[PDB]
Chemist: 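Structure of interest includes sulindac; see the questions below.
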Amino acid sequence: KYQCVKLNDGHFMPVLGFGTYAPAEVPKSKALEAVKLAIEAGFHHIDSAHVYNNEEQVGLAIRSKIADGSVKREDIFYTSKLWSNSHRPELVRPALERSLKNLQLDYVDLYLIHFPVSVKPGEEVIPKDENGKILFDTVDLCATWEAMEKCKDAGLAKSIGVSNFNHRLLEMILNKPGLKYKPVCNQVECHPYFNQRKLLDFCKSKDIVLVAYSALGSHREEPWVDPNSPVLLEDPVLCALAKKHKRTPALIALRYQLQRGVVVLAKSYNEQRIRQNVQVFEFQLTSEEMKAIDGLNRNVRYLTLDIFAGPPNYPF
Ligand SMILES: NC(=O)c1ccc[n+]([C@@H]2O[C@H](COP(=O)([O-])OP(=O)(O)OC[C@H]3O[C@@H](n4cnc5c(N)ncnc54)[C@H](OP(=O)(O)O)[C@@H]3O)[C@@H](O)[C@H]2O)c1
Ligand SMILES: CC1=C(CC(=O)O)c2cc(F)ccc2/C1=C\c1ccc([S@](C)=O)cc1
């Protein structure tokens, strides 16, 4: 057994997920080893994406742990994400199918619209013209969503949701004429320096689960994250709580999200830290402790993805 939350489509999501994105100079071979270790350690939820260029490796890890008897498919919750070169409705299903072919899995547990800004179709994930300008596309995300809905009806994705959607964009889905399935989740950046209280409350009001990414304060990889940004795990309140509980500031940050009703992801490729992260289920924080962490909030967004800024659907 393991701790899960019931989603608004009746499916269940394990409340601690393993993040698999790593910076491009980390060999992709490391994702295979990391995901096996995560499963060994007790992660039952794995988070990936077409754009991470690791599905072949993450799929092999998963297949390997099923084929060797360590786990059944039904006790792995695997997430993929639809990349912005395949937002046009007729391209959605084929993108899910290529992900599944690369994974050698029959279905994904969850399939997300990765990012609301669309780019031109084709093999290149960031297509650019000869002058280096990103080739943006104009796509109605309500039509993208209908195509997602069909992928759920075909059984290829058990559940569907979104990522990096703001209030306006969620409403655009929620208020869609003929809407068949709400998003089960909105995966977004969330941590004690950016606690997303406002959007969290909105999502709760609509029974959408907020899935927190960069919950340990991000990979901090340039140029995507401003190296001047404060180091979350160096926070003195988190480090003092850690010290007090004989845990680590990472565990404190992760426990904070579980108690506030958020599903939390944690990436690590390091064997010790992978094992340590499942200890989030071994301790609890008091109301006073929780309030102290709410106090750390400071409007710090680490991951702007501002290479996609300009178009109206840029969410930040
Ligand atoms: N939907 C989206 O657009 C989106 C955006 C960003 C991320 N994500 C997903 O969310 C996942 C997590 O976000 P993310 O990678 O920014 O990083 P994140 O989990 O905040 O973690 C960042 C850093 O924490 C380190 N770490 C892990 N456990 C630790 C521990 N116990 N003590 C000290 N350090 C620890 C990792 O290094 P080691 O590997 O060496 O441990 C990693 O570099 C990604 O892999 C991806 O699946 C999705
Ligand atoms: C959407 C996305 C994210 C968020 C995530 O982890 O889900 C991400 C995070 C990073 F630190 C760097 C890139 C990405 C990214 C997509 C992406 C963009 C350009 C490239 S390069 C120019 O080919 C590769 C990937």
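Residues 4-319, in that order, are what chain A shows, numbered as in the PDB entry. Order of appearance sets the numbers: ligands from 1, and atoms from 1 within every ligand.
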Chemist: Specify the chains or ligands that represent sulindac.
Modeler: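 It corresponds to ligand 2.
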Chemist: What does UniProt call the chain with the greatest number of heavy-atom pairs under 4.5 Å to sulindac?
Modeler: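 The largest contact count goes to Aldo-keto reductase family 1 member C2.
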Chemist: Give, by chain and number, every residue with a heavy atom within 4.0 Å of sulindac.
Modeler: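 On a heavy-atom basis, the binding site is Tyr24, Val54, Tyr55, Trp86, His117, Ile129, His222, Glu224, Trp227, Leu306.
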Chemist: Show which atoms of sulindac fall inside a sub-4.0 Å distance from at least one heavy-atom site of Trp86.
Modeler: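 Once the distances to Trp86 are compared, the set is 1 (C).
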Chemist: Tell me: protein heavy atom nearest atom 5 (C) of sulindac, and distance?
Modeler: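 Going atom by atom, the protein heavy atom closest to atom 5 (C) of sulindac ends up being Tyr55 OH, 3.3 Å.
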Chemist: Checking heavy atoms only, which UniProt-annotated NADP(+)-binding residues of chain A fall inside 4.0 Å of sulindac?
Modeler: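 By heavy-atom distance, the UniProt-listed hits: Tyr24, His222.
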Chemist: Counting both backbone and side chain atoms, is some N or O of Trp227 under 3.5 Å from an N or O of sulindac?
Modeler: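 Between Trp227 and sulindac (N or O atoms, distance only) the closest approach is not under 3.5 Å.
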Chemist: Using a cut-off of 4.0 Å, list the other ligands and ions near sulindac.
Modeler: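 Within the cut-off sit ligand 1 (NADP nicotinamide-adenine-dinucleotide phosphate).
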Chemist: List every atom of sulindac that sits less than 4.0 Å from any heavy atom of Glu224, numbering the atoms from 1 in the order shown and giving each element.
Modeler: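 Close to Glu224: 11 (F).
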Chemist: Using a heavy-atom cut-off of 4.0 Å, which residues UniProt lists as binding substrate in chain A are that close to sulindac?
Modeler: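 Within heavy-atom range of sulindac, the UniProt set gives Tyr24, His117, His222, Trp227.
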Chemist: Right, does atom 15 (C) of sulindac have protein non-hydrogen atoms nearer than 4.0 Å?
Modeler: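 Flag for atom 15 (C) of sulindac set to false, no protein heavy atom closer than 4.0 Å.
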Chemist: What residue and atom, counting heavy atoms only, is the protein's closest point to atom 17 (C) of sulindac, and at what distance?
Modeler: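 Ranked first by proximity to atom 17 (C) of sulindac is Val54 CG2, 4.2 Å.
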Chemist: For atom 1 (C) of sulindac, decide whether some protein heavy-atom distance is shorter than 4.0 Å.
Modeler: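 Within 4.0 Å of atom 1 (C) of sulindac, protein heavy atoms are found.
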Chemist: Can you tell me which residue and heavy atom of the protein come closest to atom 3 (C) of sulindac, and the distance to 0.1 Å?
Modeler: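 Sorting protein heavy atoms by distance from atom 3 (C) of sulindac puts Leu308 CD2, 4.1 Å first.
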Chemist: Can you sort out which atoms of sulindac are near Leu306, meaning under 4.0 Å from one of its heavy atoms?
Modeler: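 Here the atoms of sulindac in question are 4 (C).
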Chemist: Under 3.5 Å, N or O to N or O, is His117 touching sulindac that way?
Modeler: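 Yes.
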Chemist: Starting from atom 18 (C) of sulindac, which protein heavy atom do you reach first, and at what distance in Å?
Modeler: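 Minimum-distance protein heavy atom for atom 18 (C) of sulindac reads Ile129 CD1, 3.7 Å.
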Chemist: How far is atom 11 (F) of sulindac from the closest protein heavy atom, and which atom is that?
Modeler: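 Answer for atom 11 (F) of sulindac: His222 CE1, 2.9 Å.
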